[PDB]
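Structure with testosterone present.
A note on names: the letters A, B, ... follow the listed sequences, proteins ahead of strands, and every chain is numbered from 1. Per deposition record, X-ray crystallography, 2.0 Å. Indexing begins at 1, ligand by ligand and atom by atom, following the structure's order.
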Number of protein chains: 2
Amino acid sequence: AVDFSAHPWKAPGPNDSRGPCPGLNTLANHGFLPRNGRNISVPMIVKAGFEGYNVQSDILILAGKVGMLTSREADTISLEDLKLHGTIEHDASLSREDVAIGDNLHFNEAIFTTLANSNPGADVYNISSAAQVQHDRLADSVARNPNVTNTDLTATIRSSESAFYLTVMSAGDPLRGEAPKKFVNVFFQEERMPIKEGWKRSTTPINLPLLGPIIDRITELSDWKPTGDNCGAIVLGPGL
Amino acid sequence: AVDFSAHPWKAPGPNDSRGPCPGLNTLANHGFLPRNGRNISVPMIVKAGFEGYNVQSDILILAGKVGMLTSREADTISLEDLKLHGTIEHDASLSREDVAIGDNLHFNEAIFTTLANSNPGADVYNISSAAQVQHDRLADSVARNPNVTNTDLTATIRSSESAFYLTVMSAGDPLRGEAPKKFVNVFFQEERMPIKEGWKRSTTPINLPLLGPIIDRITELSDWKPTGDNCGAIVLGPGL
Ligand code: HEM
Ligand code: HEM
Ligand SMILES: C[C@]12CC[C@H]3[C@@H](CCC4=CC(=O)CC[C@@]43C)[C@@H]1CC[C@@H]2O
Ligand SMILES: C[C@]12CC[C@H]3[C@@H](CCC4=CC(=O)CC[C@@]43C)[C@@H]1CC[C@@H]2O
Ligand SMILES: *[C@@H]1O[C@H](CO)[C@@H](O)[C@H](O)[C@H]1NC(C)=O
Ligand SMILES: *[C@@H]1O[C@H](CO)[C@@H](O)[C@H](O)[C@H]1NC(C)=O
Ligand SMILES: *[C@@H]1O[C@H](CO)[C@@H](O)[C@H](O)[C@H]1NC(C)=O
Ligand SMILES: *[C@@H]1O[C@H](CO)[C@@H](O)[C@H](O)[C@H]1NC(C)=O
Ligand SMILES: [Mg+2]
Ligand SMILES: [Mg+2]
């Protein structure tokens, strides 16, 4: 029971904190999280993710508390803090550049081209297109970034993020692992819920049981292999 | 402001949650944290560690948020949750057994013997004794624990914990990196502030600048070296 008319999209202003995550950015841009993107807690993320997307607490508590590590504060972050490389933020993003060779924070259209051009001849993105995109994005990083980090952990996060856009921006049952291109494109390009375009919050809860087989299938189809030491160590706090 | 006389030691009851950390347990046993050891946030830890020990927010925010990962809750833990092996809890503890070959949670006198017998002929523990104890405890784990984990991360946490007992249970300036045996022994064995015995909260702030060189010196004197997997990966949540 949520009124989205009470949660209009507004462009972030100059001092509004935004991060590398289109999911949290979009929530902020609709006031499900504070529009200023600051002093955000895990409880706020849980509630916002539920209200906006029908994403459940299981994934948001797990991801949320890892994200809290990126700030210097006891129990909040600014959305921009999440750019901290090697906590959650990773190389071979769908819409951002690798931190060693560019901007790991802002939407980048040239990077997004690979996703935007995926699944030619359908009007949806799906599990096989998502996997191909992941394969191609990793190949790009391996080719152009000598400092690329690619581990079981980064690969899992990446597949989770692909599963997120397929499910949250779905038309049908998020189970189907497919989302209209016109919805997903608005999500990434404008960090807006495509309400005008016909999108509605899922009526099916999106949780780890639902996401898990989608994640695993994306990974499997992506023809993935580790790089280097394959160490799943995260950065535990900023400025260590 | 803070009145220690209003914070008497009381033994935990059977349903009071206690963890592998004598620092947090002691605070709970004095009501600086909830005596039941539950529903504890990073802000609560920050305030309790300041009031009880003069430990500053820098280290408590960093450690606190890593510890939050051990629970299934959005922003709190039970003290017992911190026993989760491979988040913070590690092998070659000073006063607990390795989880693969015993109890990683409760104080164990036989394990503590090594610490208790360190620095023979002085009435203090100090940086060189702390280092010897760490060397000997790791040797014990390598000898007796087929599942031993020893990484740069576990070694650093271990030196941090040793620096904690040398500083928080100090008589003089915590700078000196030495603490009376009679204070440290009560701290570990009873998880009590040794007020009766003459201990007072440090009047010098204990923060990362103060602890850093003590930690590094303990590590250096401990003659530590990597032994296998040196991947400093933490466990990101329970039930994975
Ligand atoms: C609530 C639903 C969520 C959705 C739908 C979502 C969606 C996404 C998507 C699609 C990406 C990939 C962007 C890209 O590769 O360019 C992403 C990245 C990210 N998300 Fe989320 N997210 C959500 C929740 C969260 C939470 C709770 C956190 C942390 C508290 C988080 C932190 C991040 C971070 C740090 C990245 C950067 C990874 C990278 O691309 O390097 N997200 N998110
Ligand atoms: C955020 C705050 C804290 C958290 C989350 C935390 C957590 C932990 C955990 C999980 C352990 C078990 C490590 C192991 O031995 O396997 C531990 C050990 C320890 N902690 Fe804490 N701690 C905190 C603050 C403090 C403080 C303020 C002190 C001050 C005295 C302290 C002193 C110790 C000591 C001495 C040990 C070693 C126990 C042993 O090796 O037997 N801790 N801590
Ligand atoms: C929550 C998270 C995305 C989802 C990941 C999680 C790591 C563990 C994990 C394993 C799986 O098999 C499913 C996805 C999950 C549940 C990641 C840690 C940080 C990241 O944002
Ligand atoms: C906070 C912490 C103790 C202090 C550690 C920190 C890891 C990084 C670190 C490196 C140092 O050189 C000093 C101690 C510190 C700052 C640890 C992570 C978990 C543990 O409780
Ligand atoms: C994705 O769509 C393409 C084209 O419509 C199709 O060939 C492919 O089999 C689909 N994959 C999945 C997983 O449904
Ligand atoms: C935990 O603490 C919060 C914050 O004070 C409170 O609202 C809540 O009721 C508590 N939960 C339990 C289980 O007591
Ligand atoms: C620790 O105490 C012993 C015995 O008093 C002494 O010989 C040693 O030098 C001390 N070490 C440090 C670092 O103070
Ligand atoms: C611990 O070591 C034993 C002996 O090598 C091995 O059989 C077992 O799988 C290990 N356990 C874990 C937790 O890996
Ligand atoms: Mg990235
Ligand atoms: Mg231990």
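Within the model, the positions assigned to testosterone, copies included, correspond to ligands 3 and 4.
Bound to testosterone (ligand 3) with the largest number of contacts is the chain that the PDB entry calls Unspecific peroxygenase. Other chains within a heavy-atom distance below 4.0 Å of testosterone (ligand 3) are, by letter, A. Counting heavy atoms closer than 4.0 Å to testosterone (ligand 3), residue A:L153 contributes nothing at all. Within the 4.0 angstrom cut-off, atom 7 (C) of testosterone (ligand 3) has no protein heavy-atom neighbours. The protein heavy-atom contact nearest to atom 20 (C) of testosterone (ligand 3) is A:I157 CG1, 4.1 Å. Of the protein's non-hydrogen atoms, A:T156 CG2, 3.7 Å is the one closest to atom 10 (C) of testosterone (ligand 3). Protein heavy atom closest to atom 19 (C) of testosterone (ligand 3), with residue, atom name and distance, is A:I88 CG1, 4.2 Å. Per the PDB record, the organism listed against chain A is Marasmius wettsteinii. Of all the atoms in testosterone (ligand 3), the ones that sit under 4.0 Å from a non-hydrogen atom of A:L62 are 16 (C).
When only non-hydrogen protein atoms are considered, atom 21 (O) of testosterone (ligand 3) lies nearest to A:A63 CB, 3.5 Å. Short contacts between testosterone (ligand 3) and A:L208, defined as distances under 4.0 Å to a heavy atom of the residue, involve ligand atoms 16 (C). Atom 14 (C) of testosterone (ligand 3) has as its closest protein heavy atom A:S160 OG, 3.5 Å.
Contacts with testosterone (ligand 3) closer than 4.0 Å are made by side-chain heavy atoms of A:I215 only, the backbone lying farther away.
The residue-level binding site of testosterone (ligand 3) (heavy-atom cut-off 4.0 Å) is A:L62, A:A63, A:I88, A:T156, A:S160, A:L208, A:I215.
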